[PDB]
> 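Working on a deposited model featuring actinomycin D. Questions ahead.
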Number of protein chains: 2
Amino acid sequence: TXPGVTXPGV
Amino acid sequence: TXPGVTXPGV
DNA sequence: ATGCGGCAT
DNA sequence: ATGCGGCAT
């Protein structure tokens, strides 16, 4: 996720 | 995690 | 050697 | 398969 908690996605 | 058990994240 | 999300890309 | 920190505990 995020950053933080990438994307989704990337 | 923290530094610390970066941030969440970075 | 820890310690976060659990999925749209 | 792909995508973030590179630590201060």
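Reminder, nothing fancy here: chain letters follow the sequence lines and each chain counts from 1. Recorded method is X-ray crystallography, 2.6 Å. The basis for the numbers below is simple: all heavy atoms, side chains too, and nothing from hydrogens, waters or symmetry mates. Modified residues are described as their parent amino acid, or as X where appropriate, and contacts from their additional atoms are not recorded.
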> Which parts of this structure should be attributed to actinomycin D?
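You'll find it at chains A and B.
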> Heavy atoms under 4.5 Å from actinomycin D (chain A): which other chains do they belong to?
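The other chains in heavy-atom contact are B, C, D.
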> Quick one: what name does the PDB give chain B?
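The entry uses the name actinomycin D.
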